[PDB]
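Entry below: contains REGN10987.
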Amino acid sequence: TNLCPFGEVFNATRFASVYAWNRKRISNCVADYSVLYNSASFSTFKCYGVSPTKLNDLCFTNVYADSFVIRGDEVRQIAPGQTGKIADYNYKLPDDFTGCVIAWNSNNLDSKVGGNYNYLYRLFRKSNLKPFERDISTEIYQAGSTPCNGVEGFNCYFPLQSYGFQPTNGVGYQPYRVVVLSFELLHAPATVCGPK
Amino acid sequence: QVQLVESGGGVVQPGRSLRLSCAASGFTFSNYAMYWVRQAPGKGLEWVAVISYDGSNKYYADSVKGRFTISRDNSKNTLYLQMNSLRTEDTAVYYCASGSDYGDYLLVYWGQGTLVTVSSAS
Amino acid sequence: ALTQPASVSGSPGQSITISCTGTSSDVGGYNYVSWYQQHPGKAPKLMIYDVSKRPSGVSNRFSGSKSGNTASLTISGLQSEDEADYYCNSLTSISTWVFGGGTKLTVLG
DNA sequence: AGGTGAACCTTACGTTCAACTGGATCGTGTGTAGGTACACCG
DNA sequence: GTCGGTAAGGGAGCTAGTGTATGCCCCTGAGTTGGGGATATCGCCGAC
Ligand SMILES: *[C@@H]1O[C@H](CO)[C@@H](O)[C@H](O)[C@H]1NC(C)=O
């Protein structure tokens, strides 16, 4: 019954910045994870709350596919109960995650010479991020007790910082494309399971 | 297919200005970093210059540091290299490489490239 | 720069290996080498993408490999039409795109 | 096309109680180029 | 003609379409994409 449009997500020309991670709903299809391989050297595929070996014998009300890019040393922060700049400011995952993540290197395709400024991450925030929340405001974040009336300068920095991806970066510093599939199931008809 | 055409330039006197233009088509210019690579007649290749995908950052080979200037414009889809204070040893054929998808640290397309001769004669 | 053999010769059919070496910074630490084949009076075009890979459309026979500090290209069953110059590239620190130098293949015709 | 000057979080790490005391050294370990260029003899 | 040794009874490897041991990613984790150890039935040429 039709194949899930995983190409439109994994083969997408450009991935959104981590601070503005996309969200594509996938439903009314069959999840054929077999074809997912042979697409770049994947760096991480670990699942919580569901045994991958049986993934083809169950399906859910829907699944949300959130795609973004982060540096390798940072990918470990995409997990329930984790802490870090991404975990508290850009992308926060609930402790009861019913789903899992996929990460693959994209240095050859997403690391411009001299620095790729197309990707930004939120380095400052007043408070942590609630699970599955999106923040895009670029208001000047004051750090000290001196209000700056929204002017960049001393003790008042721009919240977003552009990733400086370069070919000569470290082994773990190169960009990594991450796609998180959150399986949401309720008392509703199931939508996305592969061959039995 | 993707085309890259160099404006070129005839024999010029040593220590004189010269502008070379590389026009590209068939692919998105404004998302990749061009390179200028020279080749002396009968010798091996030698990287000359590279410019970032937006012109913010430019790198030159130590041999041409402080004499060349590589720029680009995306409005008309073109790349420019300005040569000042030429030297006789600089004569060579210049190639305007692209660094297309799945690699930007490497040169891929390698357009036809033009020829520049630096000799003090008519 | 990099060091390469001045010239390599071999009859058609067998395997031919061309090796280029550099300091740790050029290829010893960075695995970004890529080899180009330039025919006489022609624009060089990529042959070996990355340390060991090949862009779509090129011949399967060519194969890149890396042994520690050295990078090698292996050609299986080369024909007469493979007579051309071959250069090994490398991305070093602080940019500085070094080049292999010169290497010519000939067929015992 | 260089020398002063003042900057602008400057961009790219080697990490978590923090922030700039409001110094280029400053708590833990920063660091700098262009120019904004308007006369020369050219 | 009978029996004991056999890259073999336990070593190593990884690459999804799928077999019996130079295989199975078997089982999933340092996240840089992979760790050691699970039932041996074995089968077959050659010296005695
Ligand atoms: C993504 O693109 C690659 C290369 O273009 C292709 O081989 C692959 O099939 C695509 N992804 C999927 C899931 O098919």
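Here is the naming used below: chain letters follow the sequence lines, and residue numbers restart at 1 for every chain.
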(message) I'm trying to find REGN10987 in this model - which ligands or chains should I look at?
(response) chains B and C
(request) Write down the macromolecule with more contacts to REGN10987 than any other chain, named per UniProt. (result) Spike protein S1
(request) Find the other chains whose heavy atoms come closer than 4.5 Å to REGN10987. (result) A
(message) Trying to sort this out - which chain of REGN10987 has the most heavy-atom pairs within 4.5 Å of chain A?
(response) chain B
(message) Help me out: which organism is listed for chain A in the entry?
(response) Severe acute respiratory syndrome coronavirus 2
(request) Identify which UniProt domain of chain A accounts for most contacts with REGN10987. (result) BetaCoV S1-CTD
(message) Quick one: what's the epitope of REGN10987 on chain A if I use a 4.5 Å heavy-atom cut-off?
(response) A:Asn107, A:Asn108, A:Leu109, A:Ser111, A:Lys112, A:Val113, A:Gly114, A:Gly115, A:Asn116, A:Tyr117, A:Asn118, A:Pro167, A:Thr168, A:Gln174
(request) Report the paratope of REGN10987 for chain A using a heavy-atom cut-off of 4.5 Å. (result) B:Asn31, B:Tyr32, B:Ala33, B:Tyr35, B:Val50, B:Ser52, B:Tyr53, B:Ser56, B:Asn57, B:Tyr59, B:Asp101, B:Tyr102, B:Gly103, B:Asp104, B:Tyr105, C:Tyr30, C:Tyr32, C:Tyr49, C:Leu91, C:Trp97
(message) Hey, what does the PDB entry actually call chain C?
(response) Fab Light chain (REGN10987)
